[PDB]
Amino acid sequence: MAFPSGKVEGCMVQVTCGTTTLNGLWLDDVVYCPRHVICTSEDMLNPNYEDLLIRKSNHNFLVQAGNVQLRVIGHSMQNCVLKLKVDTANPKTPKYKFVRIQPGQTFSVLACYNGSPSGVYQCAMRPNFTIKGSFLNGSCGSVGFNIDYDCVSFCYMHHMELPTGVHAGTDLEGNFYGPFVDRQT
Ligand SMILES: Cn1cnc(Cn2c(=O)nc(Nc3cc4cn(C)nc4cc3Cl)n(Cc3cc(F)c(F)cc3F)c2=O)n1
């Protein structure tokens with residue numbers, strides 16, 4: 001039962017900080033993405049995110065909507081998500097809300113790679129707050145949603161695959177579902 005993905009496809013962007021790259025969600029004039037993007041490969045195992053944040057400037061972020069670069073004019077960190085303020089509002093922004101779902105609820109996921117939509121499928125949140133998704137490498141920042149009439153409810157931002165092959169992430173305010181932390185361990 002996956003929801004049609006057209007309204008979300010127009011919101012996906014590629015976010016690059018140095019050589020680390022993942023997917024971002026562009027709504028109005030804000031891009032949301034996992035804060036993990038500010039890690040170099042050596043920081044990924046045990047990042048000090050407050051320190052890494054101090055060291056970055058707006059011009060260290062490259063945001064691409066397709067072949068169009070968007071100018072970053074502000075950035076801030078909210079729990080495990082980074083919010084990049086860009087100088088252009090997304091003209092395909094749908095009506096949307098952010099919601100936090102519970103175990104047992106289902107949602108659709110738009111898997112993206114390097115900012116480009118790749119597939120859509122339905123998932124359920126398990127009681128241990130993991131999901132059995134279909135995510136490959138490069139899918140970090142892909143989002144889960146439901147459609148509520150005309151309104152897109154965003155409920156899941158993908159961060160990591162765990163050793164057993166299931167997946168974990170945050171709501172759109174950056175709070176993990178479950179007892180996980182955004183580090184490569
Ligand atoms: C197999 N699989 C299924 N889902 C995933 C999701 N995922 C991902 O796509 N990427 C990750 N690490 C990165 C490596 C990078 C190399 N470059 C050049 N840029 C990169 C950017 C990322 Cl995000 N990871 C690992 C991971 C991502 C996190 F956000 C986190 F907090 C901890 C982690 F261990 C990953 O799971 N891969």
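We're numbering straight along the sequence, starting at 1. All ligand and atom numbering here is 1-based and tracks the order in the structure.
- Considering ensitrelvir, linafexor, naporafenib, pemigatinib, the drug or drug candidate at ligand 1 is ensitrelvir.
- Per UniProt, the macromolecule making the most contacts with ensitrelvir (ligand 1) here is 3C-like proteinase nsp5.
- Distances from atom 28 (C) of ensitrelvir (ligand 1) to the protein include at least one heavy-atom value under 4.0 Å.
- Most residues contacting ensitrelvir (ligand 1) in chain A map to the UniProt domain Peptidase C30.
- Proximity of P34 to ensitrelvir (ligand 1) is not established, as no heavy-atom distance is less than 4.0 Å.
- Only backbone heavy atoms of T19 (N, CA, C or O) come within less than 4.0 Å of ensitrelvir (ligand 1); its side chain stays farther off.
- By the definition of a contact as any protein heavy atom under 4.0 Å away, atom 35 (C) of ensitrelvir (ligand 1) is in contact.
- Within the 4.0 angstrom cut-off, atom 21 (C) of ensitrelvir (ligand 1) has one or more protein heavy-atom neighbours.
- The entry gives the source of chain A as Severe acute respiratory syndrome coronavirus 2.
- Applying a heavy-atom cut-off of 4.0 Å to ensitrelvir (ligand 1) picks out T19, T20, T21, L22, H36, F135, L136, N137, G138, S139, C140, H158, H159, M160, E161, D182, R183, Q184.
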Pairs of nitrogen or oxygen atoms, one from ensitrelvir (ligand 1) and one from the protein, closer than 3.5 Å: please tabulate them with distances.
unit_1, atom_1, unit_2, atom_2, d
ensitrelvir (ligand 1), 4 (N), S139, OG, 3.3
ensitrelvir (ligand 1), 4 (N), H158, NE2, 3.1
ensitrelvir (ligand 1), 9 (O), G138, N, 2.9
ensitrelvir (ligand 1), 9 (O), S139, N, 3.1
ensitrelvir (ligand 1), 9 (O), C140, N, 3.1
ensitrelvir (ligand 1), 19 (N), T21, N, 3.1
ensitrelvir (ligand 1), 36 (O), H159, O, 3.4
ensitrelvir (ligand 1), 36 (O), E161, N, 3.3

